[PDB]
Number of protein chains: 2
Amino acid sequence: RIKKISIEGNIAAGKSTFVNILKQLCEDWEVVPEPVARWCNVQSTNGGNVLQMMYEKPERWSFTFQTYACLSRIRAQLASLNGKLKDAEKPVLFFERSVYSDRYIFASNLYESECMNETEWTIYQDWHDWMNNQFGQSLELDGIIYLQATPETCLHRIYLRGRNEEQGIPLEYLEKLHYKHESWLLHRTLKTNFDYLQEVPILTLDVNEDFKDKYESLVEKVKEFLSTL
Amino acid sequence: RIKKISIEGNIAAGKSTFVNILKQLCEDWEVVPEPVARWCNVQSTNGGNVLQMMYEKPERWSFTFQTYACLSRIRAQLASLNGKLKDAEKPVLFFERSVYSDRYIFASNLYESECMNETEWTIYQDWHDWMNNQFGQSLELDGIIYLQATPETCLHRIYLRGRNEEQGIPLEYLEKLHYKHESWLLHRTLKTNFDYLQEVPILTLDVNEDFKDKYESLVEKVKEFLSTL
Ligand SMILES: Nc1ncnc2c1ncn2[C@@H]1O[C@H](COP(=O)(O)OP(=O)(O)O)[C@@H](O)[C@H]1O
Ligand SMILES: Nc1ncnc2c1ncn2[C@@H]1O[C@H](COP(=O)(O)OP(=O)(O)O)[C@@H](O)[C@H]1O
Ligand SMILES: Nc1ccn([C@@H]2O[C@H](CO)[C@@H](O)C2(F)F)c(=O)n1
Ligand SMILES: Nc1ccn([C@@H]2O[C@H](CO)[C@@H](O)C2(F)F)c(=O)n1
Ligand SMILES: [Mg+2]
Ligand SMILES: [Mg+2]
């Protein structure tokens, strides 16, 4: 009943900027931001900052981070499905990233960079499979919007936002994440364990230009994509 | 419908020995062993040994271990509830430990020994609360059997079994775990977040003497305890 659309993109590509203009185009649209605040101030439902711990020593903290990040995403996405959107006329829920980018882009890249060992990567995949088996269907996607930007543009945008934890991220790391996005969503050559994803419709939007000038043409392309689903 | 009973006890107190004689006293009784094999050979559903990793460097690996241990226990306990025991006449399921000892004895002791930091302990408790909120009621206990033995007796029994990963465990560690068992199950002064546990019936059995001589009197006490539930 609720249509579910994931907004995917590299660090600082403009997912939140792009989301912050959606709700005003239709009252039946809702957004689930990445729960970054559960990540920088770890609290039970002045805590530790597990995002910062991972960037300071990724070989120590990537497994713990990646596991918490994805559990907290599932909880937030489930809370939105089962809230007041449930009773609108033509409901659409836009997710800032998905459980699929958690595993196939970020967790995978850290394992390949030796920031998780074989044991951690096995436990992580086991946990991910199981959590999706319990909640997979309620969260299944109807479509994906890819906000495509160069790694160099992303590096400039990290500087523009000034989020403290991200200021040390090097271009080399953003470029690794870029090539995983391109494999998954442009070339569609990245293989996953979730067969339906190979056919899910994708809308690719180039967001390298200034948002102020590109806004109107982006909106039209989104409105048209959504008509097809 | 299924009565659920947890067998609790220190490392090498005799839980498996005690369990290995239950099924022969009644065809409607079943056992869920601690899934130690998922722990010493980590495999998706020749892997790493996460039990050994924790004992070699507990400050590095306790969070990862404790989280996997408890997820794997819940999965194994749920698989037994939803299997063929479901359709017996007077079904009883005996669990080798519970999600409550995972947190209030083992994970808690590691945090107090600085083998998990504040961030890890917060994430762990959050995960535990949430997992029990989804599966708590199906796994709720009707009774507890405490197999009580001195830490010194346990240390001798580690030597008798010869499980490779346990041979380095010092008496000081077993004694910490002993005093947590005594607080929870003898004195009943250990406070948890699960109000019903303070009234769950407990049968305490002293198992310091040789099993061969004590067997018959233990069985009678178990049969009588179970009549009361
Ligand atoms: N298309 C764009 N043109 C100019 N600035 C942008 C554009 N997209 C994002 N920004 C800016 O770049 C930074 C990162 O944007 P943000 O939406 O926080 O990215 P994300 O949510 O993808 O991490 C912010 O300073 C934001 O104003
Ligand atoms: N009451 C007992 N008397 C003599 N040996 C015991 C007794 N209980 C356990 N054992 C022995 O002690 C070791 C540990 O027993 P086990 O059942 O594996 O403990 P647990 O399951 O609690 O770790 C084994 O060698 C076992 O034969
Ligand atoms: N599975 C995920 C998801 C996101 N992130 C990181 O979270 C920060 C906020 O987007 C960004 O710094 C980030 F995207 F990289 C991550 O490391 N792993
Ligand atoms: N939550 C738990 C449960 C058990 N264990 C450990 O597992 C081994 C097999 O009982 C024993 O070495 C052990 F009991 F200590 C643990 O460290 N934490
Ligand atoms: Mg954002
Ligand atoms: Mg045992």
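The chains referred to below are lettered A, B, ... by the order of the sequence lines, with proteins before strands, and numbering in each begins at 1. Side-chain atoms are counted along with the backbone in the values below, which use heavy atoms only and exclude waters and symmetry mates. Order of listing sets the numbers, starting from 1, for every ligand and every atom in it.
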What's the drug at ligand 3 called? gemcitabine
In this deposited structure, which macromolecule lies in greatest contact with gemcitabine (ligand 3), as labelled in UniProt? Deoxycytidine kinase
Note the other chains with a heavy atom under 4.0 Å from gemcitabine (ligand 3), by letter.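 Within the heavy-atom cut-off of 4.0 Å: A.
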Nearest protein heavy atom with distance in Å, relative to atom 11 (C) of gemcitabine (ligand 3): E166(A) OE2, 3.1 Å
Name the UniProt ATP-binding residues of chain A with any heavy atom within 4.0 Å of gemcitabine (ligand 3).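 Sure - UniProt-listed, with a heavy atom under 4.0 Å: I11(A).
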Looking only at distances, can you tell me whether any N or O atom of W39(A), backbone or side chain, sits closer than 3.5 Å to an N or O atom of gemcitabine (ligand 3)? no
Which UniProt active-site position in chain A is nearest to gemcitabine (ligand 3), and what heavy-atom distance, to 1 Å, separates the two? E96(A), 6 Å
Enumerate the substrate-binding residues UniProt records for chain A that place a heavy atom under 4.0 Å from gemcitabine (ligand 3).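 The UniProt substrate-binding residues passing the heavy-atom test: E34(A), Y55(A), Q66(A), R97(A), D102(A), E166(A).
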Quick one: which gemcitabine (ligand 3) atoms are inside 4.0 Å of a heavy atom on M54(A)?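 In order of numbering, the contacting atoms are 17 (O).
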What source species is reported for chain A in this deposit?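 Per the PDB entry, it is Mus musculus.
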Provide the number and element of each atom of gemcitabine (ligand 3) under 4.0 Å from a heavy atom of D102(A). 1 (N), 2 (C), 3 (C)
With a cut-off of 4.0 Å on heavy-atom distances, which residues and nucleotides contact gemcitabine (ligand 3)? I11(A), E34(A), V36(A), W39(A), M54(A), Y55(A), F65(A), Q66(A), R97(A), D102(A), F106(A), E166(A)
